[PDB]
Trainee: 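Following up with a structure containing propentofylline.
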Amino acid sequence: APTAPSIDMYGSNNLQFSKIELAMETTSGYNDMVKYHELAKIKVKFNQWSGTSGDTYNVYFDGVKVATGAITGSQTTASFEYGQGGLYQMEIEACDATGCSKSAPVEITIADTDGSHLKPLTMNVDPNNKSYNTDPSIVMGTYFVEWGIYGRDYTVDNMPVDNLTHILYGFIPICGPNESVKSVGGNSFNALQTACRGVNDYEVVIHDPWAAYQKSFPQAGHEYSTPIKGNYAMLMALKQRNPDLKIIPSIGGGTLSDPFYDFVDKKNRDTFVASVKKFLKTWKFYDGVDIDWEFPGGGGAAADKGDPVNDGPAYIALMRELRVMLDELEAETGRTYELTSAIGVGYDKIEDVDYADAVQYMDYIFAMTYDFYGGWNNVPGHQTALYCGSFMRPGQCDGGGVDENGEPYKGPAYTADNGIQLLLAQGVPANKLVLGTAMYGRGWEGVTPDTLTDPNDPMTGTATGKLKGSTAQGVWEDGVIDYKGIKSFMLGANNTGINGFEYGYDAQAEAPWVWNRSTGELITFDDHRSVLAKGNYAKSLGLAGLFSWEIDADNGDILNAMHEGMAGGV
Ligand SMILES: CCCn1cnc2c1c(=O)n(CCCCC(C)=O)c(=O)n2C
Ligand SMILES: CCCn1cnc2c1c(=O)n(CCCCC(C)=O)c(=O)n2C
Ligand SMILES: CCCn1cnc2c1c(=O)n(CCCCC(C)=O)c(=O)n2C
């Protein structure tokens, strides 16, 4: 017989609650911005403006009582805790000694990071991406980058997810020594220093919380009060659409690998592995972990770091210790968690790790069979070729011979086949290796015809510097160009070459190029033909599948050719 409660929607955070508390309007340390609770804190204000209020309230979700407390006046705030994400019809009842009166039901949301409160994501994929029916057991992976939402304007709902089995989210940094990040300029280091305030060294953090969970995406149905927004809320809604798609955070990458060189100390590994466990319990849409340490032994961005005696065994120990932790999560959740790693494939990188030992702990190795040549120097070559190119010298392919100064080659050439063969020779099983495809070109200026030793092959020339171009042409950093920019501005509709560029293909290497003989611009990349050759290769060797770097740079053609090539190999 009291008055039925009316729910104050605006005073109850629009009935949006969450197991994860996320700061939405600042940028601070990771431990200050992100706190995961086993029970969501619920606070609901209700009013009884007319008649009597009664003395007690009960709260129901879907008919089931979840809380009770005192009413002592005409406005009451009910505070309680609840453990399970999703959407529930809430009713609040006010009671006196004579009876109870229930409010009309209203939907409350309790966010959780598995996306249990979310509908399947609405997609907006470029229709140049075709449908395939590739065997679900073949890996078809790609990297999606956190910063691609900015100038590149490529968001989670643009991914052709039905053509993927694995999405690797690039990149999760590690707090600690990170000089390599400073050298890249822009805000990357300042963002990391901010994220790491109040965080122990060697723990993972989110690099850009605005892209990860603050930015409101209208296509995802985000509102002011939505407790999780950003790329991460869209990836959660994507798992509701595609529950078998594996979404895996990639830790490190070329500029964020400096802290790994301190993993020779096991206490730093222990700190890192515990931070990864907490991260996967905080962000439950993730299905494992991908380690992108570039590179054990060195030769990467940190010129002053790298230990070829100890980094190998440390990498192996880290995989073993991650697999231990992941087994604990599997035991706790009843889920399967995957452990993978993207690795360098030059002989001088592979020689520093016993991968047959490491891979026993791992589901897949993503062989980075790209970046073999590029604008960091003026020597052209195929950056992602399967085999040795026509431009190579006698003895250069297998490392038997000498360079132009007569100095012995130190090891076999940088090609995808040389890397895969070295890894098989160590005893890595073929069915754990994933072959990489580039959705980008690398390139140079100044490779003009007077510099060539073979007049029909620009790979025999000499550059003056890195390729330059505008972001309108897909050039986001000197020396690199999106595949879709090569296609729009250099190849043209017919693949015969436009804007002063001509197309060529080195059939021995399985590698395309475009070359502008007057500016000397020369770009090495992957195309439909070379990607079919890679798929025929992967199928011949019984590799696990193919993956690509990075998805925003494709227009459909490369991912289509990945599926075609895997269907089509002979
Ligand atoms: C986490 C979401 C709640 N939340 C939302 N915005 C927040 C917080 C928060 O908790 N802290 C400080 C945390 C106290 C010290 C610690 C060990 O974390 C903040 O500064 N900001 C801006
Ligand atoms: C804005 C995109 C430029 N951009 C180009 N390359 C980039 C970035 C970038 O931003 N971040 C992350 C740091 C966060 C910076 C910010 C504005 O919050 C990166 O790691 N890389 C490699
Ligand atoms: C962010 C990465 C791009 N990047 C920026 N500077 C670079 C690279 C790069 O990729 N490689 C090739 C690594 C060798 C890989 C192999 C086949 O072993 C480089 O040598 N330098 C100087």
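Throughout, chain A uses the PDB entry numbering, with the displayed residues spanning 22-591 in order. Just follow the structure's listing: the first ligand is 1, and inside any ligand the first atom is 1. Computation of the quantities below employed the complete heavy-atom set of this structure, encompassing side-chain atoms and omitting hydrogens, waters and symmetry-equivalent molecules.
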Trainee: Which chain contacts propentofylline (ligand 2) the most here, in the terms used by the PDB entry?
Mentor: Chitinase A
Trainee: Which residues, given by chain and number, touch propentofylline (ligand 2) within 4.0 Å on a heavy-atom basis?
Mentor: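 By heavy-atom distance, that gives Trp168, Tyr171, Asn208, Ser209, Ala212, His228, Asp229.
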Trainee: Please report which non-hydrogen protein atom sits nearest to atom 21 (N) of propentofylline (ligand 2), along with the residue it belongs to and the distance in Å to one decimal place.
Mentor: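 Nearest neighbour among protein heavy atoms for atom 21 (N) of propentofylline (ligand 2), to 0.1 Å: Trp168 CD2, 3.9 Å.
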Trainee: Can you pull the source organism for chain A from the entry for me?
Mentor: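 The organism in the entry is Vibrio harveyi.
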Trainee: What residue and heavy atom of the protein are closest to atom 13 (C) of propentofylline (ligand 2), and at what distance?
Mentor: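 Here the closest protein heavy atom is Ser209 CA, 3.5 Å.
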Trainee: Please check atom 3 (C) of propentofylline (ligand 2) for a protein heavy-atom neighbour under 4.0 Å.
Mentor: no
Trainee: What is the nearest protein non-hydrogen atom to atom 14 (C) of propentofylline (ligand 2), stated with its residue, atom name and distance?
Mentor: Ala212 CB, 3.8 Å
Trainee: Going by the atom numbers of propentofylline (ligand 2), which of them fall below 4.0 Å from some non-hydrogen atom of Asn208?
Mentor: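 Counting atoms of propentofylline (ligand 2) from 1, those under 4.0 Å from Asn208 are 15 (C), 16 (C), 18 (O).
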Trainee: Among all protein heavy atoms in this structure, tell me which lies nearest to atom 1 (C) of propentofylline (ligand 2), with the distance rounded to 0.1 Å.
Mentor: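 Looking at atom 1 (C) of propentofylline (ligand 2), the protein heavy atom closest to it is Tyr171 CD1, 3.8 Å.
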